[PDB]
Amino acid sequence: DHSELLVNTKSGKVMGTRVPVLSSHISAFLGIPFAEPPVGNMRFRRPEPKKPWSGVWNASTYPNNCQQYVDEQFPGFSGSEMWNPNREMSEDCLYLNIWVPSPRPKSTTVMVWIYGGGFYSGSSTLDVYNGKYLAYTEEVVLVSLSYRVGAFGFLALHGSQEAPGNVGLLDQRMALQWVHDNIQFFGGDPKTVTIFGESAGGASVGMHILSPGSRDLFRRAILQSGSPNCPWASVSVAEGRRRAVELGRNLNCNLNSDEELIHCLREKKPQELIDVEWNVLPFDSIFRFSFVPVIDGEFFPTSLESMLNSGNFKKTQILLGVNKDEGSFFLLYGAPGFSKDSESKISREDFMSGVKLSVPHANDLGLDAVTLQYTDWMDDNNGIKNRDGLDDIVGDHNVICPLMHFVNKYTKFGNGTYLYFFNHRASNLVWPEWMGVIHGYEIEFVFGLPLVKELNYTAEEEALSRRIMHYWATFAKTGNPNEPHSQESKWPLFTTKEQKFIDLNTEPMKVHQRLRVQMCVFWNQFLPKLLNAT
Ligand SMILES: *[C@@H]1O[C@H](CO)[C@@H](O[C@@H]2O[C@H](CO)[C@@H](O)[C@H](O)[C@H]2NC(C)=O)[C@H](O)[C@H]1NC(C)=O
Ligand SMILES: COc1cc2c(cc1OC)C(=O)[C@H](CC1CCN(Cc3ccccc3)CC1)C2
Ligand SMILES: *[C@@H]1O[C@H](CO)[C@@H](O)[C@H](O)[C@H]1NC(C)=O
Ligand SMILES: *[C@@H]1O[C@H](CO)[C@@H](O)[C@H](O)[C@H]1NC(C)=O
Ligand SMILES: *[C@@H]1O[C@H](CO)[C@@H](O)[C@H](O)[C@H]1NC(C)=O
């Protein structure tokens, strides 16, 4: 061995770079391949392990981002472009980034970030995902993987070995397997690996907790604004097939067999599949994505619900939670009456239209049931109440409630649960006030962006970010976000009986119980029974 930026792994030697972080410095190994480029005949196929390389791999720069749809709704607007690919897109995108504190540790806690983006997008190279602040502040080895999104990572034709589906999830598993096998050489503890992600990434984390082929590869898990049982997180094999065939019809493909559909989809250029990607949705809706994980019977032995009921999942500690206004982002992009530059006061007519889009798989009685649940008949023509009520509908149906279901089901067999409710609006948030505490805006606090003075955050927002970063890191290290024998306020353990959680904001810690039970009893217990009877 030689320098601190030189690591000899089971795959080969890797050369990193010294990165500046808050006056100090740490190491960074960017763009390390954990799989063979899924290009050509391997498109849609399961990931193959990266053949070991000879010589030194240059890991000083960020890798390419996977082929995905690019947000062009508000050009120049940072609020929407901060989520867009900041590196060149390519199908050769299966790489991982590692931030190692300096001096290189011997055996410290490891955290693997799994980005979100509805399974149709996302990048590990984003600014809000820069793990250098967390790695440095909390003294952890921050890893951020990457996986194929869109059709490339989730096209599903059950029965076929050329495109079985869930390969995007297998990409994550191979990265986790690479972390299990090589993180030791970077000073990380393979015995203490915490996987954490947001939205689609949080659902992925929960999917790895459920899938037996992924359970042994990590210790603990953190789920942010995401759950494996989210209505948008997965589809049946029949629906996945239907969407795959529909994708082919949109590209003038031969649909007589799977062998011919796939051959066609493989000859087409990346952007060709992306341009027609949305055309396969079965309904006119919001918070719904085309190619997502499928219940194949392999990655997922049986239905997610049956697995959750039987305790068929990894027993360990989990830390999860949701943001206050999760639905705003989606109403702004597809619901009539919403716009980035207006207060977006919603009319009774637009409210009814919003409900239709929010619960696509519902009939008329179901639509009336949802409306009844979120309507104040004493003041039904209130524009602000209609706007906020619709925001609650999208967030509760798509994020909050399904997560609350997973929380209650998991805790019964689990070994420790910690629930949070992030309800703080960043003072420098570029999005309109009507959106509130937006889906994905806790990430900046998790990654410690508020510590960087040049980002215009307040003092209390830095204190909050430091508090959150420490909760996450301490939990990853021990299984409890609370510092042993500390004088600070204690974050209660979530139990099947008490059901406690905390608010994650700038004010002193406050403890509550039964996070949105009123609305979630409706979404998890009543509505599904109503739609089922009719
Ligand atoms: C998490 O799992 C650990 C290990 O199984 C539990 O600790 C045991 O708890 C039982 C009952 O209180 C004790 O009799 C054992 O002595 C404990 N074992 C150890 C090694 O400490 C722990 O209770 C579980 N925590 C939760 C919240 O379920
Ligand atoms: C056709 O185009 C469509 C475009 C979009 C949707 C549906 C569509 O059709 C149905 C959505 O539902 C997306 C709406 C936003 C959701 C939040 N993200 C940013 C973010 C990224 C990663 C984690 C957290 C936040 C920006 C787009 C975009
Ligand atoms: C790639 O490696 C070279 C040295 O071989 C060095 O300039 C740096 O680490 C990387 N250069 C570029 C342009 O990415
Ligand atoms: C911080 O404030 C300055 C002055 O208004 C502005 O120009 C800059 O863009 C802001 N930085 C960020 C990251 O918003
Ligand atoms: C769901 O609906 C189907 C069709 O009506 C019915 O056979 C089944 O029993 C229902 N499930 C429950 C739990 O009621």
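In this chain, numbering begins with 1 at the start of the sequence shown. When a ligand or atom number is given, it counts from 1 through the structure's own listing order. When the header is checked for method, it gives X-ray crystallography, 2.5 Å. Hydrogens, waters and symmetry mates are skipped; everything else that's a heavy atom, side chains included, is used.
Looking at ligand 2, the drug among fradafiban, vismodegib, veralipride, donepezil, soraprazan is donepezil. Among all chains, the one with more heavy-atom contacts to donepezil than any other is, according to UniProt, Acetylcholinesterase.
Residue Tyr120 places a heavy atom less than 4.0 Å from donepezil. Here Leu281 has side-chain heavy atoms under 4.0 Å from donepezil, and that is the only part of it that gets that close. This entry records no covalent bond between donepezil and any chain.
In this structure, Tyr115 does not count as a contact residue of donepezil, since none of its heavy atoms falls inside 4.0 Å of the ligand. Compare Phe329, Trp232, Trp278 by their heavy atoms: the one nearest to atom 6 (C) of donepezil is in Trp278. Closest protein heavy atom to atom 25 (C) of donepezil: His439 O, 3.7 Å.
The proximity of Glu198 to donepezil, defined as any non-hydrogen pair under 4.0 Å, is limited to the side chain.
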